[PDB]
**Student:** 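Here is a complex structure; among its components: sulfamethoxazole.
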Amino acid sequence: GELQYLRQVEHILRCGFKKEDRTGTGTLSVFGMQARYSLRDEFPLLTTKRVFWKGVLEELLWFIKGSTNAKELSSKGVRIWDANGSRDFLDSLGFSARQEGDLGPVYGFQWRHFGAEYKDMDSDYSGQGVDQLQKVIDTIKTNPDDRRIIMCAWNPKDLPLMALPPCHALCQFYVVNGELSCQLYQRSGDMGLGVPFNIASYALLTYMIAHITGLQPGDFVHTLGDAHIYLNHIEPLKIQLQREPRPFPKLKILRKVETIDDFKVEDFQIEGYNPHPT
Amino acid sequence: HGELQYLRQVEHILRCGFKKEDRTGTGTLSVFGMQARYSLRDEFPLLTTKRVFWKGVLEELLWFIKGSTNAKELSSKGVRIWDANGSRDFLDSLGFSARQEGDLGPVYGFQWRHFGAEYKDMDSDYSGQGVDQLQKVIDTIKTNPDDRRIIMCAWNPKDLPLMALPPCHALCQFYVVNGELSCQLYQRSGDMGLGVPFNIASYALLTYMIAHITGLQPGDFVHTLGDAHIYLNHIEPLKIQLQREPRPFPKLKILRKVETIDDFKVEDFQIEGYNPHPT
Ligand SMILES: O=c1ccn([C@H]2C[C@H](O)[C@@H](COP(=O)(O)O)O2)c(=O)[nH]1
Ligand SMILES: O=c1ccn([C@H]2C[C@H](O)[C@@H](COP(=O)(O)O)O2)c(=O)[nH]1
Ligand SMILES: Cc1cc(NS(=O)(=O)c2ccc(N)cc2)no1
Ligand SMILES: Cc1cc(NS(=O)(=O)c2ccc(N)cc2)no1
C-alpha cells in the first residue's frame, strides 16, 4: 500500500520537470497522479516517516463542527492554520477589518454551509447554506448506488475571502458490496510534507462515515493535480525511499457513534504504528 | 498508442468491476477510481475503435462557452444530446412547469461563466454577474502559468436542485510547464461505452482552444474517473471492440489565429485523418 506513495515520489524525482512556484523556491513536478490505498483491516498512516496523527484527527474534528477559526484548533495543540490566521498575513490580503484567527469561508464553512453569505467566524450560520457533509451521509444511507455523492470545498465565489485556496477541491464517496470508498481530488500536493497527512485525513473521514453508515471501509483513491517535491527536500526523500515500509497500523473506534457530530478525540485509537524516525 | 489506456480500462472493468445497480435500475459493471493520460502533442485523442460524434463535441463546447442553458440553441445546430432533458414533460417532472421548453437550468454554461449569480431563466441577462471562471482561467494562464489553482468548477451544490441533471464533469484544472498546457478533468461518473470517448474529446478540444489563445502548445489531457462503469447490455459489443486495433489518432487543426475564447466558430476547426473502425 505504501509502495504506491513511494513509487509516486520516485516518479517525480525521475520524470518530473523543474517548475517555479508562488514561493519562488522551485519544485520537481508531475501533473496528474493517482493511488489507491486499501482501508480493509488497515489504516494508511505512512511508516517511512512519522505523520502528525494528532493534527489529522483534531483538524478533521475542527472541520466537522464547521469552524473557520484557527484559534479553535490551536487550543488543541495543533497549529497548522495559525500562521494563516495571523494578523500580518490577514492584513497582507487586505483583511484589516478581520479578527485574528478568522480564516474566511474555508473547509468548515463550505462543508456545512455551502452558498451561505459569509460574514465572520463568529456569525451564526445555522440552517444556512448546503450541509454537504450530512447530505453525503443521508445519501449513503438512503441510496448507496448514487453517483453524485460529492462534497466540494472549491467555491469560486468565496475564493477571494479565504485565507488561501483549498488544496482539497472535492471528494466523492462510493458504495459497493457494503464497502464505502472515497476519492479525493487534491489540486496541489507537497509529497514531502502535506501529502502523507492529507492521505490520513480523508482515510479517517472515510472510516468515520463508514462507521455512521453501517458500512466497511473500502478504498481511498488519492488523485493529485500538481504533485511536486520542493528542490531542497530531495535529499531527505531519497533517504526515505531506501527505508523499507512496515505494515500499516490499524484504526479502532472505541464506541458506537450515531452522528458525525458526536465523534470526539477519545473515540479513536491508532494501534500498531511503528514509523521510521526522521 | 494512447487509446490503449482507454481499452485497458474497459477491460479492467469487465474483469474486475463489481455488478452494481444505478438510478435507472439497468445494472452496470463498475470500478471506482481510474486515471488515463492522453498526449495532445501533434495528435488529437478522438477514439478510433468506435466513431465519436465530433460535430456534437465541437458544437456543445461552443454552446458551453457562450453561456447558454437553452437546449434549443444547441439543437438548432444539429446536436440533440440535451433535448430530452429540456423537454416539456421532463421539466414538469422535476417541478419546472413555469420554465420554457429547453430551459436546462444553471448547467455548465451558466457555471463556467456566471458562477454564484442568481439563476432566473435561460433567457435572462447575466452580463457581469457571478464569477467568469473560463476567462479567469485564460487570464491566469497568461499572467501566472505556474499557478496551482487554475480550476474551472461546474459542481455547484447550491444550484444542483435547479439543474435538469447534475454535471458529470465536476471540475477541470489546468497546468503549464515547458510551454505546454495540460488539463485534468474530474469526471464523477462515466459510461465507458458512450459518454466517455465523447467527454475525452470535449476537454481535449477545450485544451487546444485555450492553448491557442494563450500562445502555448497542448500538453496532456489527464482523464480522472470516479464511478467508471459499463452497462450490462453493452458488454458484448465492447468485447468485440476490444479486439480491434486502434488506428493512429487524427490531428486537429485550428484554421485561423483567434484572439479570445468567445471568438471561436465551428469553421475554425478541422479534424484531419480521422479513420475510426465501423460498427
Ligand atoms: O493540505 C495541504 C495543503 C497544502 N499543501 C501544499 C501543496 C503546496 O506546496 C502548498 C500550497 O500552495 P498552492 O498550491 O496554493 O500554490 O502546500 C499540501 O500538500 N496539502
Ligand atoms: O458527459 C456525460 C454525461 C453522462 N454520462 C453517463 C454517466 C452515467 O452512466 C449517466 C449519468 O447518470 P448519473 O451519473 O448522474 O447517475 O450518463 C457520461 O458518461 N458522460
Ligand atoms: C493552511 C494549511 C497549511 C497546511 N500544511 S500541510 O501540508 O497540511 C501540513 C501538514 C502537517 C504539518 N505538520 C504541517 C503542514 N495545511 O493547511
Ligand atoms: C443530457 C446529456 C446526455 C449526455 N451524454 S454524453 O456522454 O454527452 C453523450 C454523447 C453523445 C451521445 N450521442 C449521447 C450522449 N450529456 O448530456
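Chain IDs: alphabetical, in sequence-line order. For chain A, we keep the numbers from the PDB entry: what you see runs 23-300, in order. Here chain B follows the PDB entry for its numbers: 22-300, in order, are the residues you see. Per the header: X-ray crystallography, 2.3 Å. Just the heavy atoms: all of them, side chains too, but no hydrogens, waters or symmetry mates, feed the values below. Note that ligands are numbered from 1 as they come in the structure, with each ligand's atoms numbered from 1 the same way.
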**Student:** Which chain letters or ligand numbers go with sulfamethoxazole?
**Tutor:**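 It maps to ligands 3 and 4.
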**Student:** Name, as the PDB entry does, the macromolecule that sulfamethoxazole (ligand 3) contacts most in this entry.
**Tutor:**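 The largest contact partner is Thymidylate synthase.
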**Student:** Which chain letters come up when looking for other chains with a heavy atom under 4.0 Å from sulfamethoxazole (ligand 3)?
**Tutor:**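 By letter, the heavy-atom neighbours are A.
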**Student:** Do you know the source organism the PDB entry gives for chain A?
**Tutor:**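 It's listed in the entry as Mus musculus.
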**Student:** Measure heavy-atom distances from sulfamethoxazole (ligand 3) to each UniProt active-site residue of chain A and report the closest residue with its distance to 1 Å.
**Tutor:**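 The nearest UniProt active-site residue, by heavy atoms, is A:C189, 7 Å.
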**Student:** Between A:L186 and sulfamethoxazole (ligand 3), find which residue part has any heavy-atom pair under 4.0 Å and reply side chain, backbone, both or neither.
**Tutor:**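 Under 4.0 Å from sulfamethoxazole (ligand 3), A:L186 contributes side-chain atoms alone.
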**Student:** I need the atoms of sulfamethoxazole (ligand 3) closer than 4.0 Å to a non-hydrogen atom of A:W103, numbered in the order shown.
**Tutor:**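 Result: 1 (C), 17 (O).
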**Student:** Report the nearest protein non-hydrogen atom to atom 4 (C) of sulfamethoxazole (ligand 3): residue, atom name, distance rounded to 0.1 Å.
**Tutor:**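 Here the closest protein heavy atom is A:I102 CG2, 3.5 Å.
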**Student:** Name the closest protein heavy atom to atom 6 (S) of sulfamethoxazole (ligand 3), giving the residue it belongs to and the distance to 0.1 Å.
**Tutor:**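 Protein heavy atom at minimum distance: A:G216 CA, 4.0 Å.
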**Student:** Give the UniProt-annotated dUMP-binding residues in chain A that lie under 4.0 Å from sulfamethoxazole (ligand 3) by heavy-atom distance.
**Tutor:**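 UniProt-annotated residues with a heavy atom under 4.0 Å: A:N220.
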**Student:** Around atom 11 (C) of sulfamethoxazole (ligand 3), find the nearest protein heavy atom and jot down its residue, atom name and distance.
**Tutor:**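 The closest heavy atom on the protein side is A:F219 CD1, 3.6 Å.
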**Student:** Should you measure from each heavy atom of A:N106, which atoms of sulfamethoxazole (ligand 3) turn up under 4.0 Å away?
**Tutor:**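 It comes down to these atoms of sulfamethoxazole (ligand 3): 1 (C).
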**Student:** Starting from atom 12 (C) of sulfamethoxazole (ligand 3), which protein heavy atom do you reach first, and at what distance in Å?
**Tutor:**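 For this ligand atom, the closest protein heavy atom is A:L215 CD1, 3.9 Å.
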**Student:** For atom 8 (O) of sulfamethoxazole (ligand 3), grab the closest protein heavy atom and report residue, atom and distance to one decimal in Å.
**Tutor:**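 Its nearest protein heavy-atom neighbour is A:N220 ND2, 3.9 Å.
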**Student:** Which residues and nucleotides from other chains come within 4.0 Å of sulfamethoxazole (ligand 3), counting heavy atoms only?
**Tutor:**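 Counting heavy atoms, the site comprises A:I102, A:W103, A:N106, A:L186, A:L215, A:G216, A:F219, A:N220.
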